[PDB]
Amino acid sequence: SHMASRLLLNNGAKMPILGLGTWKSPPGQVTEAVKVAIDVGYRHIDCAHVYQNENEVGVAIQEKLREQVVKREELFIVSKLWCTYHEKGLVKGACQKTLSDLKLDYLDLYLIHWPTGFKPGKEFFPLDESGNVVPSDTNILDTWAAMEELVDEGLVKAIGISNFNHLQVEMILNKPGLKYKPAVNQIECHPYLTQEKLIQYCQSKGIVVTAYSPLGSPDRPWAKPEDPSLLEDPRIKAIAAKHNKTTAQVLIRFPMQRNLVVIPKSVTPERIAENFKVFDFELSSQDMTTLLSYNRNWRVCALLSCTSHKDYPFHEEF
Ligand SMILES: NC(=O)c1ccc[n+]([C@@H]2O[C@H](COP(=O)([O-])OP(=O)(O)OC[C@H]3O[C@@H](n4cnc5c(N)ncnc54)[C@H](OP(=O)(O)O)[C@@H]3O)[C@@H](O)[C@H]2O)c1
Ligand SMILES: CSc1ccc(/C=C2/C(C)=C(CC(=O)O)c3cc(F)ccc32)cc1
């Protein structure tokens, strides 16, 4: 289908363009979900400390390594530094905690989960008595230096960012004494949020973009009835039907043809397999442009708690 399975990052490593997402995958189901994914061909898993299921994901990876279904070098494991760990002195420990839970001795990619730093502590979202999230005074350039140390200590092969707008990406690229550029910016992207500008900017700098919530995150906990629904969009279903594929398969193939990495989440064995079977057809340039035309600047993940945080990413146009 004129589609290679991996693309080149600016650290010299290759990254599988299809990965399994794990946000919201319940701890009692994610182990089998990851086993099934690897069994059917996935080599890239997207994780995060904040998803609270890294231990269970790790059980799956470890078993598949033990069974010799796959070698570690063939796996591409991604995790993310949570906001309460931006303080320089906490970054390594957060990384090591994720490594211990995932049962790995290194990550292929470690991302700053959000540009917004929070006060350190047990709570993922520390609040003042009025309900506001309490920020940290750490700035993202120092956090980036801490991330660079992880590469130099061998804990991760690549470092990157997530939910950074183009000015924030630019701030890193212009950092005095920058040692390693971000390899990846992982951002929300689907036909209702097409991200033409941010994607063009990142790619122009050699930063690879990963598209999250490619199916529109129907299981997002804050979903409402008025919300659009990609999987129910007759226009998208029509394109699927024309190709004898499912609507989800079209939604996953879409970012692949824009040179994006994409990470659909499922804990359903049947859908896990379906979501991987997207290398056997090609959307036309017309299909692509039609899908792009559906942009609404509609976000699943707007982090509405933190609009007042100085580093909140989504006030900027991109
Ligand atoms: N960096 C960030 O801040 C950030 C933010 C959001 C997401 N992400 C990453 O991106 C991943 C994917 O995003 P997401 O979890 O928000 O949502 P998503 O992948 O767009 O959609 C997941 C939902 O779609 C369902 N689904 C999966 N395959 C399907 C299919 N073939 N047909 C019908 N329904 C299907 C899943 O149900 P079942 O699981 O029940 O099958 C689940 O409810 C996340 O898991 C996470 O790893 C990162
Ligand atoms: C402090 S009240 C609040 C504020 C923000 C959010 C938003 C969240 C979003 C967008 C995500 C997905 C992601 O960032 O990957 C998330 C994952 C988690 F484990 C926990 C919370 C959140 C949820 C609740």
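The first residue of the sequence shown is numbered 1, and numbering continues consecutively from there. Both counts, for ligands and for their atoms, begin at 1 and track the order of listing. For the numbers below, each heavy atom of this structure counts, side chains included, while hydrogens, waters and symmetry mates do not.
For ligand 2, the recorded drug is sulindac sulfide. Counting heavy-atom pairs under 4.5 Å, the chain with the largest count for sulindac sulfide (ligand 2) is, by its name in UniProt, Aldo-keto reductase family 1 member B1.
The 4.0 Å heavy-atom shell around sulindac sulfide (ligand 2) contains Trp23, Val50, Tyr51, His113, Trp114, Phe125, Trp222, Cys301, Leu303, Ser305. Contact annotation for atom 11 (C) of sulindac sulfide (ligand 2): protein present (non-hydrogen atoms, distance under 4.0 Å).
Among all UniProt-designated active-site residues of chain A, the one at the smallest non-hydrogen distance from sulindac sulfide (ligand 2), rounded to 1 Å, is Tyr51, 3 Å. When each atom of sulindac sulfide (ligand 2) is checked for a heavy atom of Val50 under 4.0 Å away, the hits are 19 (F). For sulindac sulfide (ligand 2) and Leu303, the ligand atoms under 4.0 Å from any heavy atom of the residue are 5 (C). Looking at the UniProt NADP(+)-binding residues of chain A, I find a heavy atom under 4.0 Å from sulindac sulfide (ligand 2) for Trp222. Taking the UniProt substrate-binding residues of chain A and keeping those with a non-hydrogen atom under 4.0 Å from sulindac sulfide (ligand 2) leaves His113.
The entry attributes the origin of chain A to Homo sapiens. In this structure, the list of other ligands and ions lying less than 4.0 Å from sulindac sulfide (ligand 2) reads ligand 1 (NADP nicotinamide-adenine-dinucleotide phosphate). Any N or O atom pair closer than 3.5 Å counts here, and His113 shares at least one such pair with sulindac sulfide (ligand 2). By the 3.5 Å distance cut-off applied to N or O atoms, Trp222 is not counted among the residues near sulindac sulfide (ligand 2).
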